[PDB]
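Rupintrivir (bound form) bound to 3C protein.
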Amino acid sequence: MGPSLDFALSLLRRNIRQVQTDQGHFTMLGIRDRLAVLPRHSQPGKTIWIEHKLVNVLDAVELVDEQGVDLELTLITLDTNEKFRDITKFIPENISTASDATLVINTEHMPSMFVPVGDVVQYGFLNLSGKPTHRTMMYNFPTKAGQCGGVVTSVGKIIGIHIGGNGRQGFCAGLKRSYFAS
Ligand SMILES: CCOC(=O)CC[C@H](C[C@@H]1CCNC1=O)NC(=O)[C@@H](CC(=O)[C@@H](NC(=O)c1cc(C)on1)C(C)C)Cc1ccc(F)cc1
């Protein structure tokens, strides 16, 4: 509710970017330095649109956890002029569920949008259009196409990235701090 909403708003300007790839429109969380995270499904190429600018991509590396499981997110590094404000400290050391979370969407079509998704609960194994992953979490909210990459936040942590849904529920890849270690 209110507390996750205001924390979510504090991330928006400095860290939550509108992007476009050949696959469509996505929300992108910048984490630190020139490092950001996107859904694998966005399939970033050699350039990517960020806000109004076509930006060269330094690399895109699929995020695979310490158990060898693809998390369906890719870590992208960018030929941006400025570094992102470092939000490492807001990514929890442990994958975290949360009550009354906020999902932040920021795309050209859904700009600066805060979605009260309610409680985010453990889900675990998830088969997303035939691609299996784990460590996912679920919220009973009817998320939509165009919300992938959306940032799931608690009172003061960034807990997940929206990756899929079935029309009545939504699912995020869980985040923990070690995923972003250099
Ligand atoms: C570029 C445009 O594409 C997009 O908009 C990305 C947006 C949507 C957001 C969905 C869109 C709808 N409700 C939502 O919240 N995401 C996907 O579509 C994903 C597929 C699903 O959500 C599928 N769901 C399940 O499999 C699923 C399983 C359970 C359990 O619940 N849902 C549905 C398409 C059927 C794409 C994907 C494929 C393979 C993966 F490794 C990982 C992801």
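Sequential numbering from 1 along the given sequence is applied to the chain's residues. As the structure lists them, so they are numbered: ligands from 1, and atoms in each ligand from 1.
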Q: Extract the binding site of rupintrivir (bound form): heavy atoms, cut-off 4.0 Å.
A: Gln23, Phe26, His41, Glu72, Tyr123, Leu126, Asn127, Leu128, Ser129, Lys131, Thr143, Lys144, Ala145, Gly146, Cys148, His162, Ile163, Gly164, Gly165, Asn166, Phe171
Q. Which of the numbered atoms in rupintrivir (bound form) are below 4.0 angstrom from a heavy atom of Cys148?
A. 6 (C), 7 (C), 8 (C), 9 (C), 16 (N)
Q: Below 4.0 angstrom from a heavy atom of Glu72, which rupintrivir (bound form) atoms are there? Numbered from 1 as shown, please.
A: 41 (F)
**Q.** Closest protein heavy atom to atom 31 (O) of rupintrivir (bound form), given as residue, atom name and distance to 0.1 Å
**A.** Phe171 CE1, 3.1 Å
Q: List every atom of rupintrivir (bound form) that sits less than 4.0 Å from any heavy atom of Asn166, numbering the atoms from 1 in the order shown and giving each element.
A: 31 (O), 32 (N)
(Q) Under 4.0 Å from a heavy atom of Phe26: which atoms of rupintrivir (bound form) are those, numbered in the order shown and with their elements? (A) 1 (C)
**Q.** For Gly146, atoms of rupintrivir (bound form) separated by under 4.0 Å from a heavy atom
**A.** 5 (O), 7 (C)
Q. Among all protein non-hydrogen atoms, which one is nearest to atom 11 (C) of rupintrivir (bound form), and what is the separation to 0.1 Å?
A. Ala145 N, 3.7 Å
Q. Can you tell me the protein heavy atom closest to atom 17 (C) of rupintrivir (bound form) and the distance?
A. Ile163 O, 3.9 Å
Q | Protein heavy atom at shortest distance from atom 34 (C) of rupintrivir (bound form) | A | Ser129 OG, 4.0 Å
**Q.** Nearest non-hydrogen protein atom, atom 24 (N) of rupintrivir (bound form)
**A.** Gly165 O, 3.0 Å
Q: Specify the source organism of chain A, per the PDB record.
A: Enterovirus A71
Q. What is the closest protein heavy atom to atom 39 (C) of rupintrivir (bound form), and at what distance does it sit?
A. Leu128 O, 3.2 Å
Q: List every atom of rupintrivir (bound form) that sits less than 4.0 Å from any heavy atom of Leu126, numbering the atoms from 1 in the order shown and giving each element.
A: 28 (C), 29 (C), 30 (C)
Q.
Can you report which non-hydrogen protein atom sits closest to atom 13 (N) of rupintrivir (bound form), along with the distance?
A. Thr143 O, 3.2 Å
(Q) Can you name the atoms of rupintrivir (bound form), numbered from 1 with element, that are less than 4.0 Å from a heavy atom of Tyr123? (A) 30 (C)
(Q) Using a 4.0 Å cut-off to any heavy atom of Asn127, which atoms of rupintrivir (bound form) qualify? (A) 26 (O), 28 (C)
**Q.** Residue and atom name of the nearest protein heavy atom (relative to atom 1 (C) of rupintrivir (bound form)), distance in Å to one decimal
**A.** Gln23 O, 3.0 Å
Pairs under 3.5 Å, nitrogen or oxygen of rupintrivir (bound form) with protein nitrogen or oxygen:
from: rupintrivir (bound form); atom 1: 5 (O); to: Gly146; atom 2: N; distance (Å): 3.0
from: rupintrivir (bound form); atom 1: 13 (N); to: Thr143; atom 2: O; distance (Å): 3.2
from: rupintrivir (bound form); atom 1: 15 (O); to: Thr143; atom 2: OG1; distance (Å): 2.8
from: rupintrivir (bound form); atom 1: 15 (O); to: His162; atom 2: NE2; distance (Å): 2.8
from: rupintrivir (bound form); atom 1: 15 (O); to: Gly164; atom 2: O; distance (Å): 3.4
from: rupintrivir (bound form); atom 1: 15 (O); to: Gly165; atom 2: N; distance (Å): 3.4
from: rupintrivir (bound form); atom 1: 16 (N); to: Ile163; atom 2: O; distance (Å): 3.2
from: rupintrivir (bound form); atom 1: 22 (O); to: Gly165; atom 2: N; distance (Å): 3.0
from: rupintrivir (bound form); atom 1: 22 (O); to: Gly165; atom 2: O; distance (Å): 3.3
from: rupintrivir (bound form); atom 1: 24 (N); to: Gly165; atom 2: O; distance (Å): 3.0
from: rupintrivir (bound form); atom 1: 26 (O); to: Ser129; atom 2: N; distance (Å): 3.0
from: rupintrivir (bound form); atom 1: 32 (N); to: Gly165; atom 2: O; distance (Å): 3.3

